[PDB]
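Here's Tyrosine-protein kinase JAK2 with itacitinib bound to it.
Per the PDB entry, chain A residues shown: 840-1132, in order. Read the numbers this way: they start at 1 and go in the same order the structure lists the ligands and their atoms. Quick check of the header: X-ray crystallography, 1.9 Å. The figures here come from the full heavy-atom set of this structure, side chains too, leaving out hydrogens, waters and symmetry mates.
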Amino acid sequence: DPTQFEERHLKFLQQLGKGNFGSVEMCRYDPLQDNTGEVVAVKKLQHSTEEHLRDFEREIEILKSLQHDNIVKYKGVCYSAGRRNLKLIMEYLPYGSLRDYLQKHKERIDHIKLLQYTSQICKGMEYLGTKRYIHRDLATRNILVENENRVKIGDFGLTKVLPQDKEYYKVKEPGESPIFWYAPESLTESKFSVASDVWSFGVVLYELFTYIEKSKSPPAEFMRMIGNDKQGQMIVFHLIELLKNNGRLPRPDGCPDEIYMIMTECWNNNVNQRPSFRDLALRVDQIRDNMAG
Ligand SMILES: N#CCC1(n2cc(-c3ncnc4[nH]ccc34)cn2)CN(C2CCN(C(=O)c3ccnc(C(F)(F)F)c3F)CC2)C1
């Protein structure tokens, strides 16, 4: 519906997050021009191309197909530039990315909250798996915080739909790749699956429990292990060699052994032995529930 969010009633409020190929802004949709309206988040491309706008169309269809408490809410599209461009309209979640929230609001985060966020992320990912969607970019930078009690997967720009007959998607046009969240078979064979999302979730869980101490981020920790001197493809070569022979991110300071064990099971080089997101949500909620109270 091109009349749902008309570009002339979509008012700027704040820049929220930008990268090489996309940007998100806070806007107010005020159809009555009475200084009221709901606040929304607006994603738009950067350095657009025909190929990227086609992908963005796929991204929009993917998000529109998703309705879940732990998936950011799709609201519509703005066909801006006189209906010669595309912008994606989403609900606005006010505490930003989980990566920033962990750093900025340590005062209101304890292990209980971390497990609750863990559970919620797994449940959102269970849901994606029922659509045969592979996220491919799971990281705390792409999780959003609605409030102290709820997080949602917040971006789907790299998400792919599995082929009808395969359980993996083989990417044949790799661009910007978050290699320090990648499963080994994604690095070596460009294969992405629910199981490689589980690998990446293992890194998310690590992130949560490092509390995003800059020296403990996965890129920083892997580069320390690889050698900070290394540059270029040599980094990838050493990362692959490291992972294939059981090199792993360390247990974070203060992390319970049981949570670290979940991490290490997600980081299984044997794809089929990785737990499912349903296993993980149940396991985490049972940890939470087995506590006193
Ligand atoms: N989550 C999360 C983190 C982000 N963010 C989301 C809010 C927010 N805040 C409050 N409420 C909200 N409601 C809905 C969103 C939202 C703030 N920051 C940063 N991310 C954007 C810029 C950087 N990005 C690329 O450069 C990029 C790289 C490769 N491919 C693509 C493409 F186009 F194909 F998709 C790209 F866009 C990725 C997209 C989303």
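Neighbouring residues of itacitinib (ligand 1) under 4.0 Å (non-hydrogen atoms) are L855, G856, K857, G858, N859, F860, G861, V863, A880, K882, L884, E898, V911, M929, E930, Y931, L932, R980, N981, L983, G993, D994, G996. Below 3.5 Å of separation, one finds an N or O of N859 facing an N or O of itacitinib (ligand 1).
The atoms of itacitinib (ligand 1) that sit less than 4.0 Å from any heavy atom of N981 are 1 (N), 2 (C), 3 (C). At a 3.5 angstrom cut-off on N or O pairs, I982 does not count as close to itacitinib (ligand 1). Polar contact with itacitinib (ligand 1): absent for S862 (N/O pair, distance under 3.5 Å).
Against a heavy-atom cut-off of under 4.0 Å, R980 is close to the following atoms of itacitinib (ligand 1): 1 (N), 2 (C), 3 (C).
Remark: itacitinib (ligand 1) atoms within the under-4.0 Å shell around heavy atoms of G858 are 22 (C), 23 (C), 26 (O). If you number the atoms of itacitinib (ligand 1) from 1 as listed, the ones under 4.0 Å from a heavy atom of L884 come out as 33 (F). Between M929 and itacitinib (ligand 1), no pair of N/O atoms sits closer than 3.5 Å. Close contacts of itacitinib (ligand 1) with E898, meaning ligand atoms under 4.0 Å from a residue heavy atom, involve 35 (F). Less than 4.0 angstrom separates some heavy atom of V911 from each of these atoms of itacitinib (ligand 1): 13 (N), 14 (C). Distances below 4.0 Å separate heavy atoms of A880 from the following atoms of itacitinib (ligand 1): 11 (N), 12 (C), 13 (N), 14 (C), 16 (C).
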